[PDB]
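Notes on a structure featuring cyclothiazide.
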Amino acid sequence: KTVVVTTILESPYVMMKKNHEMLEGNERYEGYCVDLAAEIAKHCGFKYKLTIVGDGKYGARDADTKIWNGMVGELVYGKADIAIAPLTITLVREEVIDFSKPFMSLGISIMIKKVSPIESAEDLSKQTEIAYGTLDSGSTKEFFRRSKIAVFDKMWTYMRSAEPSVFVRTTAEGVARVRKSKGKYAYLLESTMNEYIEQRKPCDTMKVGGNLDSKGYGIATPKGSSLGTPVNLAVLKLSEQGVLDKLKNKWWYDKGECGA
Amino acid sequence: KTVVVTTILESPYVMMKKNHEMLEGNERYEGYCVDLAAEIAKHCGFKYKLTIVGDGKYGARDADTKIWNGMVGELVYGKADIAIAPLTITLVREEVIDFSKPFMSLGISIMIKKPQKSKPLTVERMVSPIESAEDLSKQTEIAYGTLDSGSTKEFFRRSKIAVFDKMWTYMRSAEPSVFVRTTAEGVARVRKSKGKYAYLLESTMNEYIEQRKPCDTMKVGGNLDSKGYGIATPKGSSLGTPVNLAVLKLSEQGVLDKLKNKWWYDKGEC
Amino acid sequence: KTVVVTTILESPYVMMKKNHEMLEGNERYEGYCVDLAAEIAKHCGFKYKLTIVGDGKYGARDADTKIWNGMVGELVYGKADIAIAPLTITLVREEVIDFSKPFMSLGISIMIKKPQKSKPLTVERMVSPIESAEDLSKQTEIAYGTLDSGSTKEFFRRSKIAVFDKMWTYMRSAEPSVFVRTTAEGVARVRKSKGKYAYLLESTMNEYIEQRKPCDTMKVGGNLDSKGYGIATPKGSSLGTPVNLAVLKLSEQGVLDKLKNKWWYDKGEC
Amino acid sequence: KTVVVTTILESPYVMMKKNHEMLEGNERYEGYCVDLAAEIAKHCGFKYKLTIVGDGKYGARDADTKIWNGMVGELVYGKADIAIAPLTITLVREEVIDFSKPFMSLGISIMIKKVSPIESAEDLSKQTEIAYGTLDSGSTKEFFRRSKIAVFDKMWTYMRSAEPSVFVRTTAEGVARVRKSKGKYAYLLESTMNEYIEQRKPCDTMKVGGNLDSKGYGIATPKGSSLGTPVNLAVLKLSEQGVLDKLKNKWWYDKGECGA
Ligand SMILES: NS(=O)(=O)c1cc2c(cc1Cl)N[C@H]([C@H]1C[C@H]3C=C[C@@H]1C3)NS2(=O)=O
Ligand SMILES: NS(=O)(=O)c1cc2c(cc1Cl)N[C@H]([C@H]1C[C@H]3C=C[C@@H]1C3)NS2(=O)=O
Ligand SMILES: NS(=O)(=O)c1cc2c(cc1Cl)N[C@H]([C@H]1C[C@H]3C=C[C@@H]1C3)NS2(=O)=O
Ligand SMILES: NS(=O)(=O)c1cc2c(cc1Cl)N[C@H]([C@H]1C[C@H]3C=C[C@@H]1C3)NS2(=O)=O
Ligand SMILES: N[C@@H](CCC(=O)O)C(=O)O
Ligand SMILES: N[C@@H](CCC(=O)O)C(=O)O
Ligand SMILES: N[C@@H](CCC(=O)O)C(=O)O
Ligand SMILES: N[C@@H](CCC(=O)O)C(=O)O
């Protein structure tokens with residue numbers, strides 16, 4: 001029995017190869033998440049098929065309709081049996097799906113065009129001259145919405161009541177917006193994504209300040225599934241054996257097509 | 001029903017208060033784990049009583065006897081119900097108990113005595129004989145050891161990386177023993193060895209000791225691996241899900257990093 | 001019974017909200033004084049409705065008619081119950097109304113246009129033609145004036161100090177008039193006069209405007225006197241003691257300091 | 001009828017004249033408060049007699065006794081009719097006596113022996129290497145005891161549970177302790193007192209940082225007394241005519257027996 005895997009087109013997690021016209025099956029994908037899924041399948045011993053979620057959504061809740069979208073919605077409604085993807089472990093998501101142990105630590109970071117005048121997020125919130133936003137239907141926007149710390153509340157009130165729409169559909173779109181804003185737009189995204197972008201050409205973006213908080217990516221399964229314990233054990237074994245270190249080094253530092 | 005909270009005596013996690021002679025109950029202890037458990041109880045309502053393992057071991061399965069010792073050992077057989085303590089999540093431990101999401105990350109670091117400032121225009125420079133782990137393994141003049149019945153020793157035992165394999169090969173055949181019974185004993189060995197000993201401990205305790213007086217020790221290199229501390233709970237128990245959700249709520253709310261900052265950097269004596 | 005709170009339209013005390021074309025009631029205004037009124041109502045359980053004086057005057061006495069105008073004027077004749085506004089405590093006002101203890105201090109300062117950088121080793125320096133009130137009184141080229149129907153104008157009118165007496169004699173016989181109907185109008189005069197006008201206003205408004213865009217003005221010298229802002233209440237009213245005790249409680253707690261910090265130093269730029 | 005005035009021996013408010021063994025009445029006292037009392041009496045029109053409170057205390061509340069000591073106790077129990085002295089205006093004191101409009105502003109200040117390692121009070125609270133304390137039966141210890149801001153609570157807990165007693169009987173004794181502690185002891189006192197001490201010989205002490213808050217000195221009067229309104233109007237008139245400024249200049253910025 002094959003296992004349907006839902007992923008999202010994200011670099012360096014899932015890339016759609018470069019010469020994929022003649023490729024079929026799982027061989028048309030590449031990235032950290034593809035290798036992680038291969039190792040998970042090898043450890044557990046099942047045959048899997050990689051699939052891209054129809055909507056490029058990580059997972060959220062719509063306007064008071066109690067319907068999950070994206071990869072979380074794909075898992076909840078039985079469309080997929082596992083989600084190997086950069087899916088943040090959050091309280092709201094844990095109540096509907098099971099998360100394994102985190103395989104990669106991360107945090108919220110600020111990305112701007114290439115001493116910065118803002119640096120820390122407090123100066124970013126205090127100064128309204130520059131604009132900042134997040135990725136829609138994600139986990140950073142949900143972090144800012146449900147936050148209670150005053151600086152996060154004022155940041156969220158800025159972003160929600162902003163003209164025009166400060167949110168972006170895809171992190172690539174937000175990166176392009178930051179690059180084309182001539183240093184007038186700031187991006188709030190995951191630290192790993194910011195590092196990967198800043199270590200790649202044309203190297204016109206960079207990360208400022210520290211990390212607002214710390215989270216992690218987990219491998220998600222439908223609630224009450226029979227694969228949660230095997231994937232948890234496989235993730236623990238891979239972390240102990242240094243496979244995750246090797247994969248991160250391969251997909252984040254080994255290429256490094258930038259001078260730094 | 002009053003459940004017990006088994007915990008280890010480690011700083012700044014749990015330690016006896018200055019006036020701990022006359023108080024009783026949970027008021028005797030202070031640190032990060034005590035108010036972490038207080039927050040856990042505040043979120044999900046349950047009464048708890050702090051307990052300390054007699055042997056003072058974090059947990060490891062003994063060889064040829066198949067008897068788990070330490071905190072994990074007494075948690076498996078039922079003499080405890082939950083362990084709010086710096087217990088490292090490992091595959092060997094997960095096979096017998098249920099862990100929660102890590103409430104704080106950590107790594108394995110190297111602790112050495114801080115050398116004196118180099119005299120040579122009129123600038124002072126800090127030069128250390130060990131800068132990573134590979135050179136520490138290569139050299140011989142500086143000895144290094146781990147903590148007995150800990151996660152670091154277990155990690156080095158089954159490691160397949162060449163550097164860590166060679167480190168374990170050196171450590172097992174060492175005379176006199178380089179292993180210590182407590183992290184306090186390892187820190188004392190580092191401070192009294194005049195640079196002839198290096199301690200391998202978790203990065204959190206390493207930084208905490210580095211920030212406190214007499215601050216004669218420094219940490220070299222990066223983190224050997226990336227791990228975390230999870231709240232332990234016996235397999236099949238009903239407390240796993242409430243504690244997991246409480247940890248997630250605390251992480252999302254900002255209590256966790258505030259506690260870490262106020263118990264790791266606010267008292268930056270050195 | 002719903003009482004009315006009279007207040008002047010002054011920044012950053014009370015200003016109309018950006019989206020004030022659809023809101024109503026207390027939600028139409030924001031600033032320092034609305035927060036002060038909210039804290040006063042939180043201390044003692046009374047319901048309030050903000051009102052704005054029609055003439056927009058702080059309060060004075062019309063000459064040869066012995067009548068009060070402005071906020072104090074309409075407070076004396078029973079058309080308001082409490083004046084939570086930046087109203088200066090003066091002897092002439094104390095004879096008709098009751099003033100609580102000051103909730104923040106202030107002083108009369110001088111405001112002039114900020115001069116450009118002096119190019120002439122390669123260090124820029126700021127040189128101002130006015131450095132105190134004495135030289136401002138002595139010089140003639142730069143004109144100066146106070147706010148109409150305000151506390152500073154009255155202070156200059158009955159002053160016996162030689163410098164202030166000379167300044168008042170110059171002001172009363174100045175053609176064209178140097179007095180202004182609003183603080184904003186005076187700041188506009190300073191900005192548009194190209195350095196040929198100086199504005200005498202309270203240090204709080206001076207600093208607030210100096211710390212806001214386009215910030216082409218600066219404060220010179222020191223405070224000509226020490227004064228305070230008191231909550232005004234009609235004579236023989238039952239609210240005087242509660243509001244006085246509330247101001248004391250807020251000062252002891254520190255709400256006044258945080259309000260000052262978050263409305264004077266957190267909203268500044270340049 | 002003469003009016004009994006209660007004062008406290010404090011410089012530069014009430015001093016003892018150099019040649020006073022042969023002087024009777026109010027002629028043996030000098031200072032800011034003596035001049036203030038003289039001007040108040042001149043404005044209102046009564047004759048007054050200055051007296052020193054039997055216990056050199058400003059006034060506080062005993063432990064579970066509901067008894068006022070010091071000048072406040074001298075006012076409540078009918079021993080005195082008015083108190084022209086550096087008495088701070090506080091909520092707990094306004095419930096037993098009436099305070100006029102403040103005639104001099106002030107605030108908490110930190111005093112050290114002459115790099116400024118102590119710097120702001122947050123560094124004072126974070127560091128247990130250096131010691132500090134307040135005056136007993138005053139308005140600063142009461143401010144620290146009833147405070148709710150975290151730094152003030154931790155300073156208060158440190159001072160109350162300290163060995164030996166960090167508090168001092170008289171502010172002069174506290175200044176002497178600071179001068180004789182070789183920089184090992186800090187003093188918390190009023191800004192005006194700190195400035196007067198730092199501008200006088202041997203001027204081996206100095207003020208560091210900014211005022212922690214802002215209070216004022218008021219001329220106290222027993223509750224429901226007929227003198228409240230006259231003294232309030234007199235203080236207002238004196239402030240508007242610059243008499244208070246002249247007196248402060250005379251007693252603070254006119255002698256200056258130190259290089260400054
Ligand atoms: N260096 S990293 O971000 O790629 C990274 C981060 C992490 C890893 C492994 C790696 Cl390689 N494993 C840990 C897991 C292992 C065991 C201990 C904590 C969890 C359970 N989570 S983590 O601390 O989020
Ligand atoms: N900055 S820190 O080490 O105190 C720290 C470390 C961690 C925190 C929270 C903090 Cl404050 N939460 C995460 C948890 C939150 C959710 C995502 C990963 C786990 C589940 N684990 S963590 O990555 O080990
Ligand atoms: N720092 S400030 O100008 O915002 C400020 C100024 C003042 C405050 C409180 C603050 Cl926060 N309280 C005092 C009051 C408290 C008691 C002593 C004097 C009056 C009654 N008045 S004040 O000296 O005018
Ligand atoms: N410069 S000073 O400390 O000598 C000083 C301080 C103050 C003075 C007068 C002087 Cl000279 N008067 C004011 C009072 C006058 C009227 C306005 C505020 C109160 C009522 N209080 S104050 O702001 O505490
Ligand atoms: N890592 C995030 C991406 C969305 C975001 O950037 O907020 C997630 O999985 O939800
Ligand atoms: N935290 C480790 C012990 C500390 C160490 O090994 O340095 C454990 O749970 O085993
Ligand atoms: N606060 C003053 C008005 C401001 C000014 O005169 O500058 C008053 O109540 O009269
Ligand atoms: N000015 C203070 C002195 C007491 C102290 O310094 O604590 C008072 O009148 O209470």
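Lettering of chains follows the sequences in order, A, B, ..., and the numbering in each one begins at 1. Atoms within each ligand, like the ligands themselves, are counted from 1 in listed order. Per the header: electron microscopy, 3.0 Å.
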Locate cyclothiazide in the structure and give every matching ligand or chain.
-> ligands 1, 2, 3 and 4
Of all chains near cyclothiazide (ligand 3), which one has the greatest contact count, and what is it called in the PDB entry?
-> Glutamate receptor 2
Please list, by chain letter, the other chains with any heavy atom under 4.0 Å from cyclothiazide (ligand 3).
-> C, D
What residues line the site of cyclothiazide (ligand 3) at a non-hydrogen cut-off of 4.0 Å?
-> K101(C), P102(C), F103(C), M104(C), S105(C), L248(C), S251(C), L256(C), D257(C), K260(C), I89(D), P102(D), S214(D), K215(D), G216(D)
Identify any other ligands or ions less than 4.0 Å from cyclothiazide (ligand 3); say none if there are none.
-> none
According to the entry, what organism does chain C come from?
-> Rattus norvegicus
Shared residues: UniProt L-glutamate-binding in chain C, heavy atom under 4.0 Å from cyclothiazide (ligand 3) = none
